[PDB]
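In this structure, fluzoparib is found bound to Poly [ADP-ribose] polymerase 1, processed C-terminus.
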Amino acid sequence: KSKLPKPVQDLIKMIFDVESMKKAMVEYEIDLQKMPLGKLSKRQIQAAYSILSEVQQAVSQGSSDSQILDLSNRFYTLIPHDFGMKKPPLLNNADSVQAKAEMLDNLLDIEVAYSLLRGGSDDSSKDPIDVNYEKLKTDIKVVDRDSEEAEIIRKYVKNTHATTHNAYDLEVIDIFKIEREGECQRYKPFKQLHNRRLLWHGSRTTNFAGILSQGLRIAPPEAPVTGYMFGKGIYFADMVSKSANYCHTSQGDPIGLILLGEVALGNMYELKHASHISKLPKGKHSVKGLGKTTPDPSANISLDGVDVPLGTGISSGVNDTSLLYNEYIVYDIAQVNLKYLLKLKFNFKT
Ligand SMILES: O=C(c1cc(Cc2n[nH]c(=O)c3ccccc23)ccc1F)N1CCn2nc(C(F)(F)F)nc2C1
C-alpha cells in the first residue's frame, strides 16, 4: 500500500485511467473494435498525419470535390472510425483537417500512456499507484497551501481569468511541484536567459501521462503545419482561462489539469495574425501572439527569479489583431522547464 500523499495518488489514478483513454477515443468517433486501444501505434498515427497532409495541399490549392474523395477516404482507412454502413464525412475544408490533426495529437499522447501500462513488469505485492508513479520519471511534491508558492499561484489563477471565458470559474484543488528527470539538464543553455516567464499550458487529462514522461513535445514532421496558427511549437498563455479551455472539461467531467512552466522567451518575434512558420528569423528565440488584452505589466512579480505576469487584464493598445489574449510559442523543447501542476475544479454556470 502506497506511502505517497493522497493528492499524488489521486493524480496518478486519473493520469493512467484506461477508461478515460477509451472515452477520449470514443469522443473522436474512433472505432474501438477495428482500432482498439491496444493496437495504437506511432507508425499508424504518423501515416495518418501524412495522409492528412495530402488533404492539406489539395484543400489549399483548390481540388475538385471528387479529387478530395480519395484522399479523405484514404485517411479513414488508416484511422478507423465508427459510422456503421454509411460513408464517413468528407474532409473537404481546412477546419475538418485540423480537427483530425488535433485527434492525432492526443492519440500520440494516449499511446504513450498505454505503452507505459503494458510495458515493464508487474508485482502483485506492490501498489499499482506506486508502480505507475515510477513510470513518469517525475518527482511530484504537494505544495503547501500555507506556503508562499501557493499564494503567488492562487493569485495567478485569481487575476488572469478572462471575462470572455465567464461561463465558469476556477477553484484550485491541489498544487504540485513537479521535477522531470533530466529536464534541468536540458534547460541549461537557457537557464539565465532574459524574458523568462511562468506561463500556463492546458491539456486534456488523457495527455498528462505523456507530458510528464516525455515532456511538452512538438508535432512530428508528418503533421500539417497549416493546422497550427504560429507553426509547430509549444504554445503557452498568460491568462489562466485561455489555457483552461484546452482541458476540455464539462459538467459531466469538471476536473481538469493545467501546467505552469518556465519558458525562455528571450527576443520575441511578435505577430498579430497567422504565420505557419517553420524556422525563426535570426536572433529570435520565441514567437509572441499579440492579444487585445494583456496582464498589467506593472503588476509583475518574481517567483524564484522567474517573472509571473499575474496582473489584472488591461488593454494592450494593439489594433487589428486576430487574438484577444497573448500566446507564446517556442520551437525548441529545451526552452521549457515544467515547474507546477494544478488540479482545477471547473464550476460551470452554464
Ligand atoms: O503545445 C501545443 C499546442 C497547443 C495548442 C492549443 C493550446 N493548448 N493549451 C494552451 O494552454 C494554449 C495556450 C495558448 C495557445 C494555445 C494553447 C495549439 C498549438 C500547439 F502547438 N502542442 C500541440 C499538440 N501537441 N502534440 C504534441 C505531440 F508531440 F504529442 F505530438 N505536442 C504538442 C504540443
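Residues displayed in chain A correspond, in order, to the PDB entry positions 662-1011. In listed order, ligands and their atoms are each counted from 1. Side-chain atoms are counted along with the backbone in the values below, which use heavy atoms only and exclude waters and symmetry mates. Looks like X-ray crystallography, 2.8 Å, at least that's what the header says.
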What is the closest UniProt-listed active-site residue in chain A relative to fluzoparib, with its shortest non-hydrogen distance rounded to 1 Å? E988, 4 Å
Look up the UniProt domain of chain A holding most residues in contact with fluzoparib. PARP catalytic
Which UniProt-annotated NAD(+)-binding residues in chain A have heavy atoms closer to fluzoparib than 4.0 Å? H862, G863, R878, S904
Which residues does the binding site of fluzoparib contain at 4.0 Å, with heavy atoms considered? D766, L769, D770, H862, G863, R878, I879, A880, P881, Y889, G894, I895, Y896, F897, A898, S904, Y907, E988
